[PDB]
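Complex: novobiocin / Lipopolysaccharide export system ATP-binding protein LptB.
Numbers here simply count residues along the sequence, with the first being 1. Indexing begins at 1, ligand by ligand and atom by atom, following the structure's order.
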Amino acid sequence: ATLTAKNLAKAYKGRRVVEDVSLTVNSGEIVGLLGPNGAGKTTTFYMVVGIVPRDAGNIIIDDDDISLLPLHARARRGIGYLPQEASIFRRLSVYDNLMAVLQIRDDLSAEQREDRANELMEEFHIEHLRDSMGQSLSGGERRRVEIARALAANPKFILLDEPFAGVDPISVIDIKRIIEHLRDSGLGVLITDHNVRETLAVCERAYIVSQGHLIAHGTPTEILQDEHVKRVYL
Ligand SMILES: CO[C@@H]1[C@@H](OC(N)=O)[C@@H](O)[C@H](Oc2ccc3c(O)c(NC(=O)c4ccc(O)c(CC=C(C)C)c4)c(=O)oc3c2C)OC1(C)C
Ligand SMILES: Nc1ncnc2c1ncn2[C@@H]1O[C@H](COP(=O)(O)OP(=O)(O)O)[C@@H](O)[C@H]1O
Ligand SMILES: [Mg+2]
């Protein structure tokens, strides 16, 4: 399956923070959207996920233009999303965090949701945290719960907004292995970072964004030799 954004644009108070951005991510690849803080990476995700109204552009899955669908209807079409900052429910257990999403899985019985919650906890190595409150977890543990919670919806694409932020060095390694596993599972993974070299290594290809504009696309090796990328990071 293919997720495509075309000619996205967004302005705040007359300032165009995203302008004419197009990108695509297919099942089974990790695609980066990388660039400085304030370049418009999150705004682009917001428009793809449906969180803020776009000023221009289209969001498409395969042959379906879903531009008019709100966030939760786009989710049913397969779009998953990891917010940039904490989004775990801070005073709900890890288990109840998973069940907040598993409760919308109409394809599952009571027992099957419990099974699926248990499988997700094993898969993401959080089963020792079942009754722990979200607030009581480290940044890395919270991150694993947040990713498991998005997967409870069974998305086809997952947009990871700076998944390494606020996570200690050891947990970063674990999140990287999670990302590879999500890709091996058939998800198209779109990931943002401002630290280009580190995240670039885990991408099959990446778009580079600067001041709301796409300036380059390529494999990591092409990006690191791209003259437009270079004249931006002089
Ligand atoms: C399956 O996920 C669902 C979502 O559904 C979809 N389709 O994504 C949606 O139903 C809901 O989505 C939420 C639910 C809660 C937050 C949430 O709590 C977030 N965090 C913040 O808003 C936030 C986090 C830190 C921070 O310093 C500030 C600044 C604002 C202040 C202090 C007022 C804000 C956030 O960005 O996204 C959130 C989102 C996307 O709950 C999920 C995540 C279980
Ligand atoms: N609601 C808003 N009102 C005004 N400016 C905003 C709003 N949301 C984001 N911005 C600004 O738009 C620019 C792009 O932000 P953002 O997409 O979050 O960047 P990043 O690339 O760091 O994810 C920044 O200058 C940010 O402060
Ligand atoms: Mg951001």
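Looking across the whole structure, one can locate novobiocin at ligand 1.
With a non-hydrogen cut-off of 4.0 Å, the residues around novobiocin (ligand 1) amount to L71, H72, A75, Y81, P83, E85, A86, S87, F89, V101, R149. Other ligands and ions with an atom less than 4.0 Å from novobiocin (ligand 1), by number and name: none. Annotation: atom 23 (C) of novobiocin (ligand 1) to nearest protein heavy atom, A86 O, 4.3 Å. Distance check on atom 17 (C) of novobiocin (ligand 1): some protein heavy atom falls below the 4.0 Å cut-off. Within the 4.0 angstrom cut-off, atom 1 (C) of novobiocin (ligand 1) has one or more protein heavy-atom neighbours. Put simply, atom 27 (O) of novobiocin (ligand 1) has protein non-hydrogen atoms near it, under 4.0 Å away. Inside a 4.0 Å radius of atom 44 (C) of novobiocin (ligand 1) there is at least one protein heavy atom. The nearest protein heavy atom to atom 40 (C) of novobiocin (ligand 1) is closer than 4.0 Å. Every N/O-N/O distance between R149 and novobiocin (ligand 1) stays at or above 3.5 Å. Below 3.5 Å of separation, one finds no N or O of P83 facing any N or O of novobiocin (ligand 1). Of all the atoms in novobiocin (ligand 1), the ones that sit under 4.0 Å from a non-hydrogen atom of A75 are 7 (N). The distance from novobiocin (ligand 1) to the heavy atoms of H72 drops below 4.0 Å at these ligand atoms: 5 (O), 9 (C), 10 (O).
Of the residues of chain A touching novobiocin (ligand 1), most belong to the UniProt domain ABC transporter.
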